[PDB]
A.B. asks: 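Hi! I'm looking at a structure that contains mezigdomide and have some questions.
Order of sequence lines = order of chain letters (A, B, ...). Just so it is clear, chain A uses the PDB entry numbers, and the residues here are 144-170, in order. We number chain B the same way the PDB entry does; the residues here are 144-170, in that order. Numbers in chain C track the PDB entry; the residues on display, in order, are 64-67, 70-129, 132-190, 249-425. For chain D, we keep the numbers from the PDB entry: what you see runs 54-67, 69-128, 130-190, 249-425, in order. Counting starts at 1 for both ligands and their atoms, in listed order. Note: hydrogens, waters and symmetry copies are ignored here, and every other heavy atom, side chains too, is used. When the header is checked for method, it gives X-ray crystallography, 2.2 Å.
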Amino acid sequence: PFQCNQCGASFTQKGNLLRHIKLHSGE
Amino acid sequence: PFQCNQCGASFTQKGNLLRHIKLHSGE
Amino acid sequence: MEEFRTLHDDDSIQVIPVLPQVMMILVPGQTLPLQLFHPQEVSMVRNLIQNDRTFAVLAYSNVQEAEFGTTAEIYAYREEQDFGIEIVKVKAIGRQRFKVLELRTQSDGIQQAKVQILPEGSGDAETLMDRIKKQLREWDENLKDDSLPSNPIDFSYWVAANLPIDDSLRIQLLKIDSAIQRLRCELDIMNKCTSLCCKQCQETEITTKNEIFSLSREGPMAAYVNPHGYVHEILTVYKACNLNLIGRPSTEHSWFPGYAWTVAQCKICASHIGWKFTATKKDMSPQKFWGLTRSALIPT
Amino acid sequence: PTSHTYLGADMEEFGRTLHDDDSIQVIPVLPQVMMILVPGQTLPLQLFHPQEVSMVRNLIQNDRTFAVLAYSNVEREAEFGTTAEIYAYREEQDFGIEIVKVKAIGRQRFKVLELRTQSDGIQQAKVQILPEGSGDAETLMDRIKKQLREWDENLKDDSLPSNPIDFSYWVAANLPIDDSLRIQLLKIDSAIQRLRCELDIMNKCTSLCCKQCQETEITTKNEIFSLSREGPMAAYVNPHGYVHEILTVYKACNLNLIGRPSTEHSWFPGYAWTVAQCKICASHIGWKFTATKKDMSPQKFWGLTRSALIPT
Ligand SMILES: N#Cc1ccc(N2CCN(Cc3ccc(COc4cccc5c4CN([C@H]4CCC(=O)NC4=O)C5=O)cc3)CC2)c(F)c1
Ligand SMILES: N#Cc1ccc(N2CCN(Cc3ccc(COc4cccc5c4CN([C@H]4CCC(=O)NC4=O)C5=O)cc3)CC2)c(F)c1
Ligand SMILES: [Zn+2]
Ligand SMILES: [Zn+2]
Ligand SMILES: [Zn+2]
Ligand SMILES: [Zn+2]
């Protein structure tokens, strides 16, 4: 349900989404 | 009382305050 | 507090004093409270009361300087002293944006800026204002349209002052002279963001736009000065998550009379996010609310 | 796939006589686009910001052309750029957000002389259209096609442009090379020299590693294959506007997949997609494509984003 706007990768928990979004920006 | 000037966070131990302020500075 | 309208003409070039400690992105119409203790700072405010009462707040994009800024007009002033230390407390209002042409420092350390008052391009699209307002009311639900301005220029700046957006977005606007371009960008913002997170880890959603509520006329956001001059722009929301509280509530210097404050910090990185406010009387309807510091959040 | 069926069906199709060489023109710049566009390459775009929708609506009624700058530092650092002409346009609105969907194609290179932003907010660039040199290049073009068959044209037909200038740009658009080297080819005005540098490049490129770690090979030129007429590389736009330049290879290594496949908004119809990431740094590298039926000629493939890969 938590989907990244750049690549489409979906996660069960938002904490996983947030730290994935932070990878698209180097961190 | 080991209070922080920036947010008012009060602490029982000085070292607890010190590592709290360093989270504001170098923020 | 002594209550107190300097309006430089467009494309006019002025030399305005700059409060250095201040590190904010002031929006025209937004109020900025200050508590000053440095002899030089009090000297400056005492001189400013005697002339046109306006100073400049630079909009630093870091790498330090800054290319723009907003003028601030002192409208409330009170002097007192504690520990023989003389403190000046002022309330100023943002009035006009400017391009910085030259920044120079005085012997006292107070900085002087030669600036150009930027023009305020306006336009139409009441349809844009009606849409923004609708989206805004759904976000807060406590908003009073009749408490919102009608002028496109004024409305754009109210929105610009009460939107939970990072400085880098606050700087992008203000840099736009066209009200319409400003309003549009505000819409693009409101339509592309629903959640707020801790800036230092960006791994914790703290609250959502549906939780934002207005406890006063200034709207969902507002600036407050703590007992040491640290200025905080506080976004009030009903509910928040991923926060740890520090200790017992305190009532000293509560910015919201009636409510106690306990510092709140990120569960993952422990960085300050704001304060939880809890009522001290069963009569108050909100009972519990959160005041998040704009400097510690970032939009999705 | 190059037709971009995903962006829309009922799209208006438009094309226009090109600006002459050494001409000085004034062209609006899309500030968001951050690609080194190559003449002939198609650029799909989904615009949501009201300012961009306002400009492109304005552009459809004039020359349908805008400028895509070439940033080396981006902080605007563009000395060169390419023009793009809208050939497909569709107006759309969902979730209370008004959407403009365009398909543009790179037409001409130019040198930037002046960038200024107007009162309306749109940024305009005065450009000087660079000349397109050509000549006899049969030898070079033959040398290139051969090395091309030894990579992907093993099973790929030689349906490539006859014009040296057009060939130089197809090779340029479908070469696994970093930006700083792509801009070099666009800075050459003579087809012949462009074709040469391309050859000297094709012979010196072997592997693709991840950029954030630079310690992990993902695939090899021998894996490159074309599932479209765009050659091995093409640009596709995702449902939130992100344009990705996709290199298709048959097999790749050092990737961890993220979860289960999806079929939504797939850029290669009939295939499903799963996000692919580097096993060492976890940076997004692309997507793995899996057929959804057994009759599918290729069954599983990888579409990597040039943004995440670095040569050798
Ligand atoms: N302002 C504003 C504004 C913002 C966003 C808006 N939205 C409106 C409604 N949303 C519909 C919808 C939701 C969910 C999906 C799932 O697919 C997703 C999701 C997220 C990222 C990616 C993908 C696929 N994918 C690649 C890789 C693989 C492949 O082969 N092809 C691709 O597409 C991605 O990168 C699909 C469509 C979408 C748009 C809007 F209407 C206005
Ligand atoms: N040169 C010089 C010079 C410098 C400083 C001087 N002053 C002298 C007098 N001191 C009075 C005093 C001390 C201690 C308190 C405890 O509360 C504190 C403490 C620290 C930070 C914060 C808070 C509260 N809080 C937020 C929470 C949310 C809310 O609702 N409101 C807020 O304010 C904070 O951020 C209150 C008042 C103050 C210092 C001076 F006399 C000379
Ligand atoms: Zn992602
Ligand atoms: Zn603190
Ligand atoms: Zn945090
Ligand atoms: Zn890697």
A.B. asks: Identify all ligands or chains assigned to mezigdomide.
C.D. replies: ligands 1 and 2
A.B. asks: Which chain is the largest contributor of contacts with mezigdomide (ligand 1) here, and what is it called in UniProt?
C.D. replies: Protein cereblon
A.B. asks: Which other chains have a heavy atom under 4.0 Å from mezigdomide (ligand 1)?
C.D. replies: A, C, D
A.B. asks: Extract every residue of other chains having a heavy atom under 4.0 Å from mezigdomide (ligand 1).
C.D. replies: A/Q146, A/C147, A/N148, A/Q149, A/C150, A/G151, C/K317, D/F102, D/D149, D/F150, D/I152, D/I154, D/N351, D/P352, D/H353, D/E377, D/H378, D/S379, D/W380, D/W386, D/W400, D/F402
A.B. asks: For atom 4 (C) of mezigdomide (ligand 1), what's the nearest protein heavy-atom neighbour? Residue, atom name and distance, please.
C.D. replies: D/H353 ND1, 3.9 Å
A.B. asks: Okay, next thing: UniProt's Zn(2+)-binding residues in chain D - which of them have a heavy atom under 4.0 Å from mezigdomide (ligand 1)?
C.D. replies: none
A.B. asks: Name the closest protein heavy atom to atom 30 (O) of mezigdomide (ligand 1), giving the residue it belongs to and the distance to 0.1 Å.
C.D. replies: D/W380 N, 2.7 Å
A.B. asks: How far is atom 24 (C) of mezigdomide (ligand 1) from its nearest protein heavy atom, and which residue and atom is that?
C.D. replies: D/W386 CZ2, 3.6 Å
A.B. asks: Tell me the protein heavy atom at minimum distance from atom 40 (C) of mezigdomide (ligand 1), and give that distance in Å.
C.D. replies: D/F102 CE2, 3.5 Å
A.B. asks: I'm looking at chain A - what's the name for it in the entry?
C.D. replies: DNA-binding protein Ikaros
A.B. asks: Which residues of chain D carry a UniProt (S)-thalidomide-binding annotation and have a heavy atom under 4.0 Å from mezigdomide (ligand 1)?
C.D. replies: D/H378, D/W380, D/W386
A.B. asks: Among all the protein's non-hydrogen atoms, which is closest to atom 35 (O) of mezigdomide (ligand 1), and how far away is it?
C.D. replies: A/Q149 O, 2.7 Å
A.B. asks: Could you check atom 9 (C) of mezigdomide (ligand 1) against the protein and tell me its nearest heavy-atom contact, residue, atom and distance included?
C.D. replies: D/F150 CE1, 3.4 Å
A.B. asks: In mezigdomide (ligand 1), which numbered atoms sit nearer than 4.0 Å to a non-hydrogen atom of C/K317?
C.D. replies: 1 (N), 2 (C)
A.B. asks: For A/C147, counting its heavy atoms only, list the atoms of mezigdomide (ligand 1) lying under 4.0 Å from any of them.
C.D. replies: 20 (C), 21 (C)
A.B. asks: At what distance is the nearest protein heavy atom to atom 12 (C) of mezigdomide (ligand 1), and which residue and atom is it?
C.D. replies: D/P352 CB, 4.5 Å
